[PDB]
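The structure appears below as structure tokens.
Heads up: chain A is whatever sequence line comes first, chain B the next one, etc. Here the PDB entry sets the residue numbers for chain A, with the shown residues being 31-105 in order. Chain B residue numbers are taken from the PDB entry; in order, the displayed residues are 31-105. We read in the header that X-ray crystallography, 2.0 Å was used to get this structure. In listed order, ligands and their atoms are each counted from 1.
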Protein chains: 2
Amino acid sequence: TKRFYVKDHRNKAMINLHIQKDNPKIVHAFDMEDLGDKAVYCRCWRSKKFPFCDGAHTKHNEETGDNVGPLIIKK
Amino acid sequence: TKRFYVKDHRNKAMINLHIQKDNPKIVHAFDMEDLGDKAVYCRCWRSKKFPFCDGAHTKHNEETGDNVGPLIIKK
Ligand SMILES: NS(=O)(=O)c1cc(C(=O)O)c(NCc2ccco2)cc1Cl
Ligand SMILES: NS(=O)(=O)c1cc(C(=O)O)c(NCc2ccco2)cc1Cl
Ligand code: FES
Ligand code: FES
């Protein structure tokens, strides 16, 4: 049967679970001029160094089956 | 009682639900030189123009109670 399967539905789960929860919409804005050679930005909301990627996405992806990863601005 | 409350637990929900699901870890990398005056990057995995923000985060935040928003690289 399909009695164990949750049918297709509009998502209700949060993405960010703990970061800056007194801020109603977390936005970051950086000037290119202040960036060094490389900046690696977190898109999974699990990094301890958010907004910078710290490799936490690997645990997120393994535990949930997801496929997210960071955004890189270089040169 | 607390019979309606889901206790604190390690997350199991995905963040990305539909984007590039044949890619096992979605990473984007851009050279500053190719960026114009402003780039607004999606961190919610709902944008129709992912990896660029299209304001979909507003619906995500309203429907789930979350507080995520984009990453801006300017100048
Ligand atoms: N697309 S990938 O697997 O080769 C890749 C993957 C990753 C990754 O971290 O998975 C990455 N992050 C660099 C980093 C991590 C912490 C600080 O900088 C960069 C790249 Cl190019
Ligand atoms: N922190 S905020 O509420 O003032 C803000 C909020 C947003 C926002 O979209 O919520 C934003 N996005 C600009 C955009 C949207 C689509 C293309 O560029 C920029 C800013 Cl500075
Ligand atoms: S730690 Fe979040 S994308 Fe790498
Ligand atoms: S649409 Fe995803 S952060 Fe704006």
Largest contact partner of ligand 1 in terms of UniProt
CDGSH iron-sulfur domain-containing protein 1
Give the PDB name of the drug at ligand 1.
furosemide
What are the letters of the other chains with a heavy atom below 4.0 Å from furosemide (ligand 1)?
A, B
Contacts of furosemide (ligand 1) at 4.0 Å, non-hydrogen:
A:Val70, A:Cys83, A:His87, A:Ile102, B:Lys55, B:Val57
Checking heavy atoms only, which UniProt-annotated [2Fe-2S] cluster-binding residues of chain A fall inside 4.0 Å of furosemide (ligand 1)?
A:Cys83, A:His87
Do protein heavy atoms approach atom 2 (S) of furosemide (ligand 1) to less than 4.0 Å?
no
With a cut-off of 4.0 Å, which atoms of furosemide (ligand 1) are near a heavy atom of B:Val57?
1 (N)
State which organism the entry records for chain A.
Homo sapiens
Should A:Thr88 be counted as touching furosemide (ligand 1), given the test is an N or O pair under 3.5 Å?
no
In the protein, what heavy atom is nearest to atom 7 (C) of furosemide (ligand 1), and what distance, to one decimal place, separates them?
B:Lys55 NZ, 4.3 Å
Would you mind checking which non-hydrogen protein atom is closest to atom 15 (C) of furosemide (ligand 1), with the distance to 0.1 Å?
A:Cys83 SG, 4.3 Å
Can you tell me which residue and heavy atom of the protein come closest to atom 11 (C) of furosemide (ligand 1), and the distance to 0.1 Å?
A:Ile102 CD1, 4.4 Å
Is the shortest distance from atom 5 (C) of furosemide (ligand 1) to a protein heavy atom below 4.0 Å?
no
Checking the N or O distance criterion of under 3.5 Å, is furosemide (ligand 1) in contact with A:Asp84?
no
Nearest-contact summary for atom 9 (O) of furosemide (ligand 1) - protein heavy atom, Å:
A:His87 CE1, 3.3 Å
Around atom 12 (N) of furosemide (ligand 1), find the nearest protein heavy atom and jot down its residue, atom name and distance.
A:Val70 CG1, 4.1 Å
